[PDB]
Number of protein chains: 2
Amino acid sequence: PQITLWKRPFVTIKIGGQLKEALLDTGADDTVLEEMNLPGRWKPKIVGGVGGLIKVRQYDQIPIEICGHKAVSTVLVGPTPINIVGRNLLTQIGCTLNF
Amino acid sequence: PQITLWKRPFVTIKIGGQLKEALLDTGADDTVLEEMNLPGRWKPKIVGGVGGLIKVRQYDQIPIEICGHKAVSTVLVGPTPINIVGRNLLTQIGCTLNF
Ligand SMILES: CC(C)CN(C[C@@H](O)[C@H](Cc1ccccc1)NC(=O)O[C@H]1CO[C@H]2OCC[C@H]21)S(=O)(=O)c1ccc(N)cc1
């Protein structure tokens, strides 16, 4: 289907056995989530946004259910003020912009 | 047009006769541009993202042209590291997410 943009485009994602709300964000290179536990190895990374830099944990090959897709992706975890779904995950599920 | 998300979705915009590259960003509530001069009244605003807050100037009713679509909308100006087109302008040009 389609999603208009009069409202913030939140979708529900299933990740780590939890249901979370996340913003579909074409301006984000990567998917960044608020503090949570995920299993497996991680490596520290710096993420920079409009207000400055934050430290995050990078988890690879995390399964995520999103918009009827069973996806697998890299996920960054840290002090973001909102869960964002970035182009890494948007491309995997075939999302595009159209006007 | 249609725009995939394997690369950052930059488009050329025209504002006040000036050509600029901006990111099409569904996570951004409102268009934010790097420091520039615009005419008319403004009011300060605070916007927040990854890494914290910034102060911007809000100009209302500014003409902006994007891929042949003309709009008159609110434009924020401040220390963003890149030009961002937000949902306020995406909606006015009929842009949607599709998958
Ligand atoms: C955090 C979002 C809810 C809001 N942001 C839009 C978002 O697309 C920014 C837009 C953005 C893009 C580049 C640089 C700064 C901000 N991208 C972002 O922070 O992504 C980071 C995660 O992936 C990495 O790839 C880009 C930076 C990292 S935002 O820049 O703070 C913002 C907030 C409000 C408005 N009106 C305009 C923009």
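Going down the sequence lines, the chains are called A, B, C, and so on. Chain A residue numbers are taken from the PDB entry; in order, the displayed residues are 1-99. In chain B, numbers come from the PDB entry; the residues present are 1-99, in order. Just so you know, ligand 1 is whichever comes first in the structure, and atom 1 is the first atom listed for that ligand. Looking at the header, which is where the method is noted, we find X-ray crystallography, 1.7 Å.
The drug that appears at ligand 1 goes by the name darunavir. Bound to darunavir (ligand 1) with the largest number of contacts is the chain that the PDB entry calls Protease. Using a 4.0 Å cut-off on heavy atoms, the other chains next to darunavir (ligand 1) are A, B.
Considering backbone and side-chain N/O of A:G27, one or more are found under 3.5 Å from N/O of darunavir (ligand 1). Here atom 33 (C) of darunavir (ligand 1) lies nearest to B:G48 when heavy atoms of B:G49, B:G48, A:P81 are compared. The proximity of A:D25 to darunavir (ligand 1), defined as any non-hydrogen pair under 4.0 Å, is limited to the side chain. Contact annotation: for B:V32 versus darunavir (ligand 1), heavy atoms closer than 4.0 Å belong to the side chain alone. Contacts between B:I82 and darunavir (ligand 1) below 4.0 angstrom, taking non-hydrogen atoms only, involve the side chain exclusively.
At least one N or O atom of B:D30, backbone or side chain, sits closer than 3.5 Å to an N or O atom of darunavir (ligand 1). The residues lying within 4.0 Å of darunavir (ligand 1), counted on heavy atoms, are A:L23, A:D25, A:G27, A:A28, A:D29, A:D30, A:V32, A:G48, A:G49, A:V50, A:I82, A:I84, B:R8, B:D25, B:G27, B:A28, B:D29, B:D30, B:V32, B:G48, B:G49, B:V50, B:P81, B:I82, B:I84.
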